[PDB]
Every structure is written in structure tokens, then in C-alpha cells.
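Everything below concerns the one structure shown next.
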Amino acid sequence: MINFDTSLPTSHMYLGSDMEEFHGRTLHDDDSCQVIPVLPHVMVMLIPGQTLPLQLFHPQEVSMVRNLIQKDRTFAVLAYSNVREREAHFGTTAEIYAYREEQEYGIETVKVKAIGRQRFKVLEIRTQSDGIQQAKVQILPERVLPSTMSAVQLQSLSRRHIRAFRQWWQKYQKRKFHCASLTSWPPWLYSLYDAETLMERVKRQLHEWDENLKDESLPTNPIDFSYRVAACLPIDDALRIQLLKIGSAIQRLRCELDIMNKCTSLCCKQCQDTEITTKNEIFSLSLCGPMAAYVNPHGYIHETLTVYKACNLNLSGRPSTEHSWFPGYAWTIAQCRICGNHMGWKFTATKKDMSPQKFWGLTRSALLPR
Amino acid sequence: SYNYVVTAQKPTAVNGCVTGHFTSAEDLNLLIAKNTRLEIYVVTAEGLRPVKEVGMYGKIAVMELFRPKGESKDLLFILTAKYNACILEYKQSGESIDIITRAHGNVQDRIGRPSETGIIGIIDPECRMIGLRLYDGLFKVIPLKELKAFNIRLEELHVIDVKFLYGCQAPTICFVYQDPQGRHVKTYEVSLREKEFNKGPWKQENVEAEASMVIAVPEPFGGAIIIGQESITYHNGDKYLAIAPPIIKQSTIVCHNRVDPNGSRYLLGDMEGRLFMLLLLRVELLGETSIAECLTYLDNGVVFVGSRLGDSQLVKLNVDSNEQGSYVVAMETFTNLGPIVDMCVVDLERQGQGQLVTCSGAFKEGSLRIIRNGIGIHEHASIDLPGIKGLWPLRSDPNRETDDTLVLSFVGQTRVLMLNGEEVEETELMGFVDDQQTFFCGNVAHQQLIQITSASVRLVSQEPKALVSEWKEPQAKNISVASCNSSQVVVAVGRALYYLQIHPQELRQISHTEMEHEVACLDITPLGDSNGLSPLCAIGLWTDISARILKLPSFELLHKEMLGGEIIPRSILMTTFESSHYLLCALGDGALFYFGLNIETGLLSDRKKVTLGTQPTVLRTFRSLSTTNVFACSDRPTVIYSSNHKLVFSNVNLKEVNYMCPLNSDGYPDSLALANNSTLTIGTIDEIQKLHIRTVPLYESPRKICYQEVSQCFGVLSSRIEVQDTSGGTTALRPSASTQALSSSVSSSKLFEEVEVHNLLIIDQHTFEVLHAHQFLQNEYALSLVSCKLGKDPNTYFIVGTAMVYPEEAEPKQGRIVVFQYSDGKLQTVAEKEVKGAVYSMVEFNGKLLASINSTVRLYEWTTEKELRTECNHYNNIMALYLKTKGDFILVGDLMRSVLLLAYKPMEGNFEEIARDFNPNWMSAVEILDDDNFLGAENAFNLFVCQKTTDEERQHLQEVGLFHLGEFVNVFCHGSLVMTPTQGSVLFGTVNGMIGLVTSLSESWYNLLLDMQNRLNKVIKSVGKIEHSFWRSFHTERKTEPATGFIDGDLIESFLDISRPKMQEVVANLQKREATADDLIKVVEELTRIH
Ligand SMILES: O=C1CC[C@H](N2C(=O)c3ccccc3C2=O)C(=O)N1
Ligand SMILES: [Zn+2]
């Protein structure tokens, strides 16, 4: 069993404690048009509810956020379809929740912790002289649908409220979707569209990853739940945008289950056929899932996946604890044995009593679920 | 695209029913809710008295009667699904009946989540308030003009059921609620003066884990009766009484009713149709009924069973059990088509005449329903007598009340038939002539008989049969036209008319006149409270083409209508429908004119023309179910009846009828003698209504239906529930269609507690008998069914798409596509193709099979080796539930409205994604309208229509039609129940048994009718005063947008029903081009002909 504190990674301690906390929440009306600034050195895709850690040092970026605190506190994170030609049709708003200004080495620096809020549709990208871009965006509403049976049942059967759990779920299907007999589809088909059902199917995989998971930590709402899960699936950029376009929590859960089931092996994106790890080696060392976004000392965001065993990897150099994202663990650079692609790191415990004693931190940009 | 939607058949299913004194405080009333309809009745004790039927602009959710303090009768509260609240009072003054709104308002909250256990509408016993549970965590209160409402923060979020407690100083509500600890019953006191809740009279007593309903019991008992799965408990503070009867374990109790007003007996009903008696605690099983949605005790012993899954009932609760042991006996059955889960249009009987065969009901109430437009005749005798020119019934015995003689007329001859019970025999009536053609004969005044021939008027006595009197024209001329009642005779001799009176042994000539032109037709039917003596004579004339109302005996002209044309009036008739007097006049071209007639003045008003046939129409009056009707004999035989003081014309299902008369004999009672070109047929008439419904009970669930012409039979997918027996299999619950098959078969496996058993039924298109039943594999769920020809093969195959369903599996991993051939009265399995998923849909795609396997869409080629071969695949990322096609254009559908259009490239042999749309909402049905449009059913009982230079424009579909139907459509079908202004015809079947029709309109015709709708809504008074625009507004829990690209046919059709000055108001300045009321009458009439 694991004795590492799963809460520790989510707090980004490497970013330093003693940060100015902000409580106040900003939310834009559905379908409403907004003009939000864009951070020039952010190239990651942010899912709503996801924590984005930043370390900004470029004067124009520092001034941008410094001014952003004085107002809205929200910026735009673009989901690039082509990161080279900087093309994006969708994105997510990031609201700063923790902030800290420092001054060192002749420069003014700022460290932030933001959270994904609202998905948007890009309407136009205007550029300012300082390098910071502004984005005319249209807020995409979250589409909540009622029970599949809500409409068809306007009757007496309405007042029938929702191992060995197996029989409860069968009694649940038989009861909740009894009025399917009035329709042209079976109860087993309506289950494939039931939020509670689809969630319990995902919760099954989440528990295979976090063996010490307590259901109280998981969000009750399928809106918050679908998004939490979306942000921890090690998938390619093309599939991630497709997931971000999804408006329904049901369509999202159904999608995530397809990804979770069809998934088997995770290879090196560069040489494509070199297998690095498998679905069975994935595990949650953080409460926000097996995969999460972290910043290196130069502000580059690495979305890293925690796995117990990795295969064609070569380590170089000696372990380091500097800027470690998992306190108590030391990192050592890992590259693909075949091509030399930087795959992530090997994390090793600094104390004999720690569990896991070793794991692998793989960046999703290096992986390909092919 | 602009569409038109009209109701072919109103909803049949019962949503709710109540008893009280709504009309008068004397009459016991039964109010039935059929969704958008309200049927009001009086308990006849010897039947059911239909008083009024009112339509509403909403779906009924709540319906409960109440009498607040001093009132002449009862006030009715109704709450719609769109949260329209209203109090209705009954108002009657003579033949005029009107429902009156007392208070109205919309109770919907700006925010809040609609509760899981539905809308709960309770009323305080002292009529102090209205309690509404629409949203969880709030309790809305309406103290019973604008229906003022307020909320109270209800701490317990999950409320199962709630009722207002009887006999309380301060109003109290008792509710069953569930929390993570368990399910407990609680009490709260509702204060009006403080607008808040305060602690209830008794403690939160713990109830059953599956406690479902609260039954508020009146004084001297008080408190509540909580009903669960296994237990029935009673709570009254310190008073407790817990019972667990085994008889209620099989099925959950879903409905109840109060039998004794004090609260000593209660009716209980389960999901399996069992009826129980809760005596005050003891429970006794009474018997079996239809699966009751609602129950109502009325009068003594009689009970109303309101069924939504099957036919509604009237049953008698006898004090003594029969031989079988049932205290329940079925009295009357009421046709319910709902739910329509699938249907098809088939030209059964006659080609061009479409019939609609549906998969109706569920479980033991499962049936097939055949819906055919027109009234039918039930033949009891058929005789070869060609060229009949007339039919008249007679009573040869004055002592007898029944007809025993039938008199036939032929070219220059007369034959007489006698009815010796069921035996028809050729005879000769003494006094009557056989060598002359008869124009009239019948029983007349002073126990006599008359016979008007081309030569004379003959009067014959009945004891004995002999000629007592005879009348002739003075110059021995021939009688041209003739009319006769019981006391009077009016005969025409070219232009001349003669008025005679039937006296004892005398035919007295009273008066005579000369007409302006030749006489074409005559009528002297006595109308109103006239004791067989008519003061009026109706006459049609040649050359001038005029319908004239003449006074008797003077022959004075009272009215003269100029019918217009070169076509002479052939038949004329004075009649009475629903106490209103009318004049009917039929022309030689098959055209019928119908006016209202004033008995005193003679004035013909409200001229209406209706085209019946191609041949001259003959009008004969007949009696059916103690109601006067008119049979219109032509190549399109028609019954002319009255419905809401407006004349209705329903067709008869007969090739042609030339002449007819009503025959009431000892052998043929309350019958109709009909004559065509070759034969005379004696028979009984069906129900005088627009549509006819034949019921084929299956006693199991019908799911899918298709038709094979080459086999003269239907393919029906059905399922039956079987229980797990103490053996290696399962046993049936009752005999059903799939068990009682003529020839049976089972699937042979080749692939690797209540059970659902699936079957492919074979039913004959005439007899409707199960010729064959093919039982599917264990755990095999049959989904799709199609009867077509594939590839080069000339044999039609019944193809079924299945799914292997297991509890552990979420999405089926296996499935089959089974090809069957129906030959020699037995299904022969041709091909068995195993697929890696569920076969939700299948469609014949230009000689190929297009079938869905979960997310994938497959195209199969039918080889000479007689086995399907995989051609091309399309992987969609969305479940292929819906699969519709037209040419090389394919529609792929999801339950969440995710539609994507595919195109098969013949030379490439691959699928191309034309367009896509992803806007989440629940979708129940979809159909392709044309090359560029498609129709569908959306969440919250709505209908929609989607249409088709730049790629980012062409690859996207646009929502052109939005309409709130108020119904849940399960099936769309191309076809018509009828034998141009509009384009196409798509029928639709709903959960409530409602059938509808969707047709296309032109851009300007849409605007004309839309403008008309806005004007009609200013004239028409809405029940409960709901705005039509609001009712039709595309509604979801999120958005409510006004209806677009759709015309409410039901509303448009009520223009022909409004008063003539109100029609003038609607058409005034309507229109640019000007529009006459006469122009708009023709347009609206033309639209009624589509259904
Ligand atoms: O836990 C970790 C893994 C290593 C990671 N890391 C980097 O990605 C990096 C890039 C360049 C210079 C220094 C670093 C460093 O410490 C880091 O910051 N934390
Ligand atoms: Zn590599």
C-alpha cells in the first residue's frame, strides 16, 4: 500500500508557500461575447476545473497579469489546432486563485495558480504592440439534460426513487427505465445515456488507478466529474480538442469511457512503435488524477502521467530534488532508448519508508496511445 | 421548409381521473384527463353520460375538484406541464355549455431543478390553499384571481409523496422523504399569516426503505397510511399499526382510490393489473383489470379503471366471488391505441385506401390496431337481385312493431320479399301492382299501406289486404316525381303538383299547382314537434336549377335558392340533426348542397357545398343508436351525421351503394337493406365516427412491425416476460401470441428473476392469426426488422437485427443479422451473420443492406451464395440508433440529437460525411421528409425540421422548424389514410395514442395561414386562458423559443367551426392580394381532406 500524501502534488509547493489567495468568482453569461487577454508563452490546453501553475518572468507577461489582478483575474487559454502557426478555434478561461510577486536577478517575477472555468469559441485574435494578444471569444454554455425518462413518465410510476451492489444496479436499471416500454428503445439502451450509470462506470476505472481512493474526494456533479476525468487522460492534442468541444457531461463521460476502454499501450510519439508503458501501469499519485500540469523553473508546463513501470527508457545524470513536483521524491531525466526523445523523469524516494519507492513521470506530449 | 401539423386521432390514453359534483351539486361527475383533452361525464348508474369534451393548450399534470365554503357546484383545478394553473367553473344554459375560468396564472419559478418524483398537486381539506411540489427544496402555496403564489424553504430535498392531513386546526402536510440515513415519514405545519413552515404535530417516524405513497385518511380516523413494497403502515403520532401481507409482494402498488367517504375502504392497484381492497388493517384481492394508471369508485359497485398501457375499463365489484373466485366482472371496454411503439401504412382491402397497423400497448395489454378511415357494414344476408331502382320496408301485420316485408323496385316492375325470421322469400302483396315501377310504398295512417307507381297512387287496407282507394291524374298521365309521409302525399306530373291526404279508405285531393319548370325531386318530411303532418314541401326544379321551399296546402313559395349550373337537382331531403333543422340537396354530378332550414319562415341559410361522388347522390334517412342519420348512396357511399352542431361526412367502406333503407325485422334487428348494381345485402352499421379501430390482442409486448406483400402477412417483433422456474430454463406467465402460434420454431446457436423472451411473429393480413412464431436465442434482444429484396435475388426476406444482452455488459459486445424466408407457412433461416455489437437499425439501401453495429455503420452486399458480405464501413464516434435513407443520402442519429449525413460514392465504394450537427437534447424519432429536409421528435414533446457554396456552410445543417406538439412521438411513417395545395404526407404515432400528420406548404401559403393563426387566436376563447403562442413554444428546461416553420392544423381547422360573423372578423384586412372569406373557406376545407 501507498503512504505518499496524494494531496501534496495539487498544492504546487515547489511554486512556494505564502501566496496571495483570492476567493471572489467571476462568471460570464452563456453565449456572451468577451475580450480576454492571452499569455504568450502558454501552449498547454486547459480543461475547466483544472489547476494551471505558472512562473512568469517576461516583462510584458508580468505586467499583463499584474494588471489582471487589479480587475477580472481571468485570462484566455487557447486550445491550439496547430501550435506552430498558433491556430486555435477553442479555449478555456483561467481565473487566478493564488498569486505572488518577487524581484530577483535584476528582474520582476510573478508565480500564479489559476483554475479552468469556462470553455469558449474563438471569434477573432487581435494583437497588441507589447506582444500580449487579446481574444474576442464567445462563451460556450454547459448543456445539462434531464433524466432520459423525465418526459415519457408523467404518471403514477414517478414516485419510485433511485459485492451485492450488482443487484442494486440491476434493480436501478429495471426501475428507473421501466417506462422505456412506452418508447421504442430498451432500458439497457437508456443506461448508456444515464449520468449516474456512466459515472459509476468511470469510478470503476478511477478506483483501479487510486487503490486508496475515498468517494468523498470525487465530485458528485457529472459536470465537475466529467471535466476532472478529462484532464487526467493521456491523449493526443487532436483528441483533447474533440473532448473540449463536447457540451454535454453525458457525451463527455461516454467519450472518456471509449478512450479508457480502447486504450492499451502508450508509445514514444517520435519513433511511434517503441512501447514505453501500458494502461495497467497508470496510477493516481495526486488527487486531481494520474496526470496533471506542472511548471519547470523556466515556465514551461509539462502535463505529467504517473506510472509504476516504464520500458524503453534510458536515464542520464544523478537524481535531483531541485523544483521537485512530488515532495520526498528525486527526479532523473528519462529518454526513449531508440530515438532519445525526452520522455519525462524517473522519481525515486529520498527516504527508505516511502511508498511508492519509485515511479515514472511521463509528459503527455512525448506519448502516443497508438 | 414550411410545414403543417394536424391531429388525425386525439390522444386515447388516460392520464388521470376524478369524481365529484362539478356540473351540479346533484349529478355525480367523472372527469377523465386524456393529456391535452378533458372529458366530463355524469354517472348514469345504467352507463356513462357524455356531457362535454374540452381541449386545452397544455398537458394536464394535476386535476383535482374542490368546493370552497358556499358554492352551487364544484370548482376544478388544473395545472399543466408548462406550469399553467387555473380554476374552472361549469356553466350550462339550455343547449349551450361553456367552461369558465375563475382564476389563472403561471406558477413556474425563475430558477430551480424540477423534482424527480414529478409534479405533486395537493389541496387542503378546508379549501384554504393549493400545495405544489414542482421543485426539490421548495413548497409552493396558492391560497384558494391571478393565482398568487409563494415558496417555503423545505429542508428535506428528496420527497417521495405528500398529502394534506385531514382534521387539523392548523393545515398540515405529511410526506415520505429519503436521506443517506434512510427513508422516513415527516410532518410540517404551513402558515399563511407568517408565510413559513413550523414543526409538525408528530415525530419523524421511520418507514419502509421502499415506502412509495401517502394516503390521507379522513375523520374519525385521521393521520396517514404509508404504502411500501412489502408493508402497509399507519401513523397518527402515538398511534401505529404495521401490516405485511404476502399478496402485495409480486408487484408494487401504484394507484389508489377512496371507496367509503369516512375512510373504511380503499381500492389499491398494482403494475400487473391486480385490484385490492384496503379495509379498516386488512387487504383482500378483488380481481384483475387493465394496468391501471388511476382508479375511481363511482356510484354502487361500479369502478373506473383509467389505463395508459391498455384499454380503459368499467368493472363491477360483486359481493360474491364467481367460480374462478373473482369479485371483479368487466362491463365496458374503451379503445386505447397508446403506446404506439411502431406502425405502418398498408393498402389492405382496396388499393389507394391506406390503413394504419400499429404496435400498441405493453405487456398483457399488448395488441395490434388497425385504423381505417370510414364506417363499415356487417353483412348478414346477400341476395342476387340485379338492377334495383328502389327499397322500402313494410309491416304487413299492424299488430307487430317489426318490419316483415321488403319492397323492391325495378325497371317497370315491382317485386315483394317476406322476412320469415332470417329467411328472405319472394311473395306478392295483395293490392299492390307488380307490373309498374314503384316510387314509394310504406305503412300509412289508419292501419293502411300505400304504393305510388308511375301510373297511380294505391291505398291498401291491412285487414284484409285489398284496394280501398286509388288516385290518378285527370288525363291518365304518368306520375313523374313522388313524396309521401304517413298522412300526406305530394306527387308531380311534369310541371303539375298534387297534394293528397291519407284518410280511412280514402286518398283525398286537397290542393294542386303548376310549377314554373319541370319537377326534378320532392320532399315532405315532417320536422319538429309535428305529429306526422308537414306544413312544408321541398322541391327541386329543372332548367332554372332551384331548391324551393313551398307551404302546404297553398303551395306558396317561401324561399327559392338558385343552386347554379346546368346540372339538375336529383335528390332533396328535409332533416333534423342535434335539434337543428337542415335542407340537403344532391345534384346529378355528385355535388351536395346543405343549408340550415327555418321551419316557420322557410329560409335556407349557411349554404355549404360538398363533393361526394361522380354519380347522382340518393339521400335516405336511417336510425342508428337512437340517433337520426342520412345515408348518401353514390360511388362514394357516405353517412351524414352531426358532431358539435356541425355536419360531418364519413365515408362507408363499400365499392358503391345505389339505394338503401333501414330494415328492423325479427331476424334482422336494427339493420340496413343496401342495394348496388348486382346484389341486395342486409346488414348492421358500425360506430358512426370518422375512423374505425380493429383490435388484435397479443397478450404480450409488440415492439416492431413491417409488411411483406408477396407473403400476404406482417412481420412483428414481440417480447414476453417469463419467470425463472425450478428447472434449467424459464416458464410463461399466461398464454400469448408467441406461445399460441399455429407453427412454432427456435433459433439454433452458432455464437459464443424475470426474463424477456423475444420472437418474430407472422400474422395474416386478413384473419390476423399467428401463422408462425420464431423464438430468438436466450438473452438475445431483437431490435430492428425489415422486409425487403437484396442483390440480384428475387425473394423477399424478413431480416432481424439483434443484440446479446447480459447484466454485467453495459454495451452489447455481440449481435446477429438473421435472414429469414417465409415459405409453406414456416420461416426458413437463410443467413446468420454474427457482428461485434448491437444492431439498433437496418435499412434497404438500393439493393444492399445498410445496418448499424453500435457506433459503426455497415453496408452489406447480398451474393449469389445467399450470404451478406461486408462492403464499406463508417466509424462515427456516435451510436447509430437512427438509420434513415433516400437514394444515396443516409441519415445517422444518436439519442442526443447528434445527426450526421452520409453519402455512398458508387465508384469509390466508400462513405462521405456530407454534414453534421451536435446539439444535445433527447431525440425519440427521426424521418427524412425530402432530398434536403428531415423531421424529428425532440425532448419536452417537441417537433423539429432540418434543412441543407462554401464548405464550412454546406457541411452544416440548419434548424428550420421548431414546434411544441405536447406529445411523445415514437414513430414517423410515410403514408395516408385518405384515398395540389400541399407536398408529401408523414404520419406519426405517440405514447398517448395520438396519431398526427405532417405535410409541407409553400412560402406564401405558410404566411397566409400564420397570419390567420394570429387572427384566430384573437377570436377563439382558450380554456384556462393560455396563450396559443406560449403553448406551441419550443420548450426545454433551458430555453423556450416561439414556434417556427410550423402551422397548427388543429387551430386552422377551427375556422370552419367559428361563427360566420367571427369568420368575417378573422378575414377582414387579412390578405399583397385581397382574401375573401369564400376563398379561405375553400383553402381550410382543402386542408381537412388530407386526413
Ligand atoms: O519534479 C520535477 C521534475 C523535473 C522538472 N524540471 C524540468 O522540467 C526542468 C527543465 C530545465 C531545468 C530544470 C528542470 C526541472 O527541475 C521539475 O521542475 N520538477
Ligand atoms: Zn522514441
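Letters A, B, ... are given to chains in the order of the sequence lines, protein chains preceding strands, and every chain is numbered from 1. The figures here come from the full heavy-atom set of this structure, side chains too, leaving out hydrogens, waters and symmetry mates. Method of determination (from the header): X-ray crystallography, 3.0 Å. Counting starts at 1 for both ligands and their atoms, following the listed order.
The molecule at ligand 1, chosen from R-ethopropazine, UK-453061, S-thalidomide, is S-thalidomide. Taking the chain with most contacts, the partner of S-thalidomide (ligand 1) here is, per UniProt, Protein cereblon. Those other chains that come under 4.0 Å from S-thalidomide (ligand 1), heavy atoms only, are A. Intersecting the UniProt (S)-thalidomide-binding annotation for chain A with heavy-atom proximity to S-thalidomide (ligand 1) (under 4.0 Å) gives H323(A), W325(A), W331(A). When the UniProt Zn(2+)-binding residues of chain A are filtered for a heavy atom under 4.0 Å from S-thalidomide (ligand 1), nothing remains. The UniProt domain of chain A that supplies most contacts to S-thalidomide (ligand 1) is cult. Neighbouring residues of S-thalidomide (ligand 1) under 4.0 Å (non-hydrogen atoms) are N296(A), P297(A), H298(A), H302(A), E322(A), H323(A), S324(A), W325(A), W331(A), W345(A), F347(A).
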